[PDB]
K.L.:
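Take a look at this one; I'll ask things after.
The numbers used for chain A are those of the PDB entry, and the residues that appear cover 59-309, in sequence. We count ligands from 1, going down the list as the structure has it; atoms in each ligand are counted the same way. Both backbone and side-chain heavy atoms feed into the values below; hydrogens, waters and symmetry mates do not.
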Amino acid sequence: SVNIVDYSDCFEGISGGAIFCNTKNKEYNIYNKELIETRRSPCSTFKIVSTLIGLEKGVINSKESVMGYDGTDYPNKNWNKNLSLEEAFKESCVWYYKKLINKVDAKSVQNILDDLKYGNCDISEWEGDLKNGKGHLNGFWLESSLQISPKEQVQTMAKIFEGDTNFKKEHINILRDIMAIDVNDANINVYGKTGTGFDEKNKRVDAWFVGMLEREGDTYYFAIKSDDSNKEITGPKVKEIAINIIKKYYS
Ligand SMILES: *C(=O)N1C[C@H](NOS(=O)(=O)O)CC[C@H]1C(N)=O
Ligand SMILES: NC(=O)[C@@H]1CC[C@@H]2CN1C(=O)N2OS(=O)(=O)O
């Protein structure tokens, strides 16, 4: 079942690991086991769960749902509008997801994380890593108190998308909808979300791509993670590595 594998050829000399799990036939493919078991901040990958929280609590209702943009100026052009759930997810729009999560009481979030077994489920630093100076552009899921391992990410993904949580199927399908990506291969369906952060304590990136793939009957849940010391390594870069792994070993 648990197969140690070597995907270093796809990592282009970047430090990281990967885990792919097929729950039907229990095949667990692990590259860099120590890293895959290490908890780190989820960064923007948490938007997968925060979207479901918002849908479940009725803060948002569909992929068109808006959060009432108030005119605040942001450097990313596409944050400066009353964007829908679908575009806020794809743009990783921090103000949208901060306003969303701050409409939900802390006990509801704690119980949902507990139910999902979401890493350390530690939301004690609700406001986030305020020492970085970024103020309200912060939260417990952004290089702060909440931490989860790549293995636990995969377990959470599988629980959600195999229908094993109490989240509504309608809401699960919205997530599938907005997480779908185009890999120029119609023979596989890939879904995911990136994450980018810098671990200031250890001087290492937290660069993520987490999601799942479907091809000809089988579904693999996956998490690819870099902990490189090179600050240029981002979520988008690790998503490229993930796509190379998928095209090479999961075709
Ligand atoms: C989430 O990881 N973040 C928000 C934004 N999106 O990054 S992503 O492209 O990897 O999704 C960039 C910064 C980052 C953050 N912690 O602010
Ligand atoms: N971010 C993506 O979705 C990636 C990046 C570029 C395209 C779409 N995609 C691929 O897999 N690509 O590469 S391509 O297959 O070689 O054309």
K.L.:
What's the name of that drug at ligand 2, by the way?
P.N.:
avibactam
K.L.:
Just trying to sort out this structure - which chain has the greatest number of contacts to avibactam (ligand 2), name per the PDB entry?
P.N.:
Beta-lactamase
K.L.:
Just curious, which residues make up the binding site of avibactam (ligand 2) with non-hydrogen atoms under 4.0 Å?
P.N.:
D240, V241, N242, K297, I301, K305
K.L.:
Identify the closest protein heavy atom to atom 5 (C) of avibactam (ligand 2): which residue and atom is it, and at what distance?
P.N.:
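Answer, as residue, atom name and distance: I301 CD1, 5.0 Å.
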K.L.:
Does the protein put any heavy atom within less than 4.0 Å of atom 7 (C) of avibactam (ligand 2)?
P.N.:
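Within 4.0 Å of atom 7 (C) of avibactam (ligand 2), protein heavy atoms are found.
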K.L.:
Looking only at distances, can you tell me whether any N or O atom of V241, backbone or side chain, sits closer than 3.5 Å to an N or O atom of avibactam (ligand 2)?
P.N.:
yes
K.L.:
Can you tell me the protein heavy atom closest to atom 10 (C) of avibactam (ligand 2) and the distance?
P.N.:
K305 NZ, 3.6 Å
K.L.:
For atom 17 (O) of avibactam (ligand 2), find the nearest protein heavy atom and state the residue, atom name and distance (0.1 Å precision).
P.N.:
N242 ND2, 2.9 Å
K.L.:
Among all protein heavy atoms, pick out the one at the shortest distance from atom 1 (N) of avibactam (ligand 2); state its residue, atom name and that distance to 0.1 Å.
P.N.:
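Among all protein heavy atoms, the one nearest atom 1 (N) of avibactam (ligand 2) is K297 CE, 3.6 Å.
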K.L.:
Tell me: protein heavy atom nearest atom 3 (O) of avibactam (ligand 2), and distance?
P.N.:
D240 O, 2.7 Å
K.L.:
What does the N/O contact table under 3.5 Å look like for avibactam (ligand 2)?
P.N.:
residue	atom	partner	partner atom	Å
avibactam (ligand 2)	3 (O)	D240	O	2.7
avibactam (ligand 2)	11 (O)	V241	O	3.3
avibactam (ligand 2)	11 (O)	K305	NZ	2.7
avibactam (ligand 2)	12 (N)	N242	ND2	3.4
avibactam (ligand 2)	15 (O)	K305	NZ	2.7
avibactam (ligand 2)	17 (O)	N242	ND2	2.9

